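Structure of interest - contains pemetrexed.
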2 protein chains.
Amino acid sequence: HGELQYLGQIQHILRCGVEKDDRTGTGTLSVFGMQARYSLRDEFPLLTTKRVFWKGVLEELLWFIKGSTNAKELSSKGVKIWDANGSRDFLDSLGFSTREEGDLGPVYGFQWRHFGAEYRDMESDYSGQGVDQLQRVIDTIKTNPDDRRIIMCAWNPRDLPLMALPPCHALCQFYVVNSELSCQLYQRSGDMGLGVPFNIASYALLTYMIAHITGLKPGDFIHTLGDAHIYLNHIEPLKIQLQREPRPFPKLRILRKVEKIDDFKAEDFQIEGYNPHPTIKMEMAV
Amino acid sequence: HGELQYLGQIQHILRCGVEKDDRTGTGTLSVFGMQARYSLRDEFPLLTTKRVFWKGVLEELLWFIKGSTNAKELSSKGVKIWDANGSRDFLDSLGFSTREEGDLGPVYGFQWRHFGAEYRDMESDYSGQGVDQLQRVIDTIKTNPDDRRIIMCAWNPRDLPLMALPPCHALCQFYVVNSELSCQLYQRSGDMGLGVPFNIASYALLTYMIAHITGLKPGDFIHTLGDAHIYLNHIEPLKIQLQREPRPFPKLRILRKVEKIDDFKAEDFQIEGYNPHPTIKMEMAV
Ligand SMILES: Nc1nc(=O)c2c(CCc3ccc(C(=O)N[C@@H](CCC(=O)O)C(=O)O)cc3)c[nH]c2[nH]1
Ligand SMILES: Nc1nc(=O)c2c(CCc3ccc(C(=O)N[C@@H](CCC(=O)O)C(=O)O)cc3)c[nH]c2[nH]1
Ligand SMILES: *c1cc(=O)[nH]c(=O)n1[C@H]1C[C@H](O)[C@@H](COP(=O)(O)O)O1
Ligand SMILES: *c1cc(=O)[nH]c(=O)n1[C@H]1C[C@H](O)[C@@H](COP(=O)(O)O)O1
């Protein structure tokens, strides 16, 4: 199976990791530099030893492509995952006391589509200005597949101080060989219990979406970690999930041919064959 | 030994890589996503199955920290490695026909120290403007070691079109645990025969330098590849080097305590125990 790599990384961070501190004040066992490789050929990496909130996964990605930064917008669809770092309290603690709730700042979406752009408020019109990496990437795959510079980068030094919470997935690169499209991710920081599972699915999905518009077959999703940690209050839970048998990865279908990455709607995607083991609750470290 | 990982990656790219094309028009066998880990504790990763131009290695890094972009300056010291992509011909072929030879453009050095900065000519004064990642990184290690955002990024989307040759080593991150400092590198593109060997040494050196000024012990250098290729005209050569026995990695010493990363001079470093196998000539793909 493929879900064994993930389990194993967890198995390792537990028997060889080291105690560390972090901004949350919570605990953490960590390890530096790790690499796993999931196959995207006729299967989707949606963990099974636990139930993943696929709804939030899909909504968030749609939310990113949009270029939005209002943690409220995603909340409107019923995905709370980002309301925490957009809250009034969390925002005031960083000296952003003059911002309106939900303004995450120049993060993900804004970087992907308007890199150059000069940020200022979560509801300004940034169309036409900035540099669109997401699109630049697509056109290259189409015209020049062999290029070794198909990179999309979220880490923008100039803007770091305005971000309510820096890009954990900081940079990804695509590579195409013999009709199939692959993608590698560099995740400087990984919450092995909450975000990672969500992250693996988000990039596998993005790959599928790209492959479809360019007419290629998805290949491999390579996941490279930096500080792969496990918050201390996650040890008991993960320890259970580690004793669960993995069932076959599901299959994801796109029921309607789309030719613009912006035409995608939540109804265009459907999953088949998801028989996950019951959910496992884990608290988020703020 | 540690040099076996490198050899092996070469061994792999040769019996499972795939034929590919590239801008140089030369050939290439490639593989996507690879990861090696070299230990920096009481040893320096200066390859032995071949003789590495340690002089150029050291000069180039000193050249980067400086923030220089004149391929001439480094040439003045006797390190030609960058005169090729700064040449009059190479520069005119990219439409930079109004630049003076040796102006690589907003590359490495300029990004490391003056990220924000608006480039314009290789001899303008960029002091005070831009954002200094190199220094930002150092102060963090000193004040807040647990930070999971100690990143230095060279990939700057806005400037790509001005660069005569984009950052192959695009991003690196530092992590500190129990008195030792480690560093991971993401190299989107790797010329397994020429640049990589040079690159592994350049980052191990930078780590040593940082560790010294912050008073820590060097730990691990993690090398993550993207398109790890082998130009076709390198196959015969590498095939020889692969049949050579590796001798112990040398040891590097800093003979004089320095407290500013800019105070470093070439005379502050000395290597001990380097018994490499004779040189191996390989032509550069322009
Ligand atoms: N410290 C920290 N870690 C992170 O991972 C993170 C993130 C990533 C987004 C995120 C947050 C919470 C859950 C989440 O809680 N997922 C639950 C399901 C919740 C539900 O049912 O709505 C899970 O167990 O997967 C899933 C994803 C933003 N800020 C963060 N800060
Ligand atoms: N295509 C391509 N590949 C690269 O690696 C590269 C670089 C990296 C710099 C570089 C170039 C050549 C040699 C080099 O020739 N090294 C020799 C020794 C040369 C000497 O003795 O002066 C070696 O065999 O190591 C060593 C390092 C810039 N532009 C490039 N373009
Ligand atoms: C950040 C966002 C994401 O998409 N995925 C993640 O796993 N995370 C995690 C990483 C880390 O646990 C925390 C951010 O902390 P820090 O800024 O790295 O200190 O969220
Ligand atoms: C680039 C610079 C460096 O320090 N190290 C490297 O190995 N290289 C190599 C990568 C690639 O072989 C070539 C650049 O080609 P491209 O821009 O990726 O097409 O130089």
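Each chain gets a letter, A, B and so on, in the order the sequences are listed, and its residues count up from 1. Note that ligands are numbered from 1 as they come in the structure, with each ligand's atoms numbered from 1 the same way.
Taking every instance into account, the structure holds pemetrexed at ligands 1 and 2. Within 4.5 Å of pemetrexed (ligand 2), most heavy-atom pairs belong to the chain that the PDB entry identifies as thymidylate synthase.
At a heavy-atom cut-off of 4.0 Å, the other chains in contact with pemetrexed (ligand 2) are listed as B. Among residues UniProt marks as active site in chain B, the one closest to pemetrexed (ligand 2), with its least heavy-atom distance rounded to 1 Å, is B/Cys168, 6 Å. As for UniProt dUMP-binding residues in chain B, a heavy atom under 4.0 Å from pemetrexed (ligand 2) is present in B/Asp191, B/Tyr231.
Those other ligands and ions that come closer than 4.0 Å to pemetrexed (ligand 2) are ligand 4 (2'-deoxyuridine 5'-monophosphate).
Defined by non-hydrogen atoms within 4.0 Å, the binding site of pemetrexed (ligand 2) is B/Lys50, B/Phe53, B/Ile81, B/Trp82, B/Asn85, B/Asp191, B/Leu194, B/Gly195, B/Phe198, B/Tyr231, B/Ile280, B/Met284, B/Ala285.
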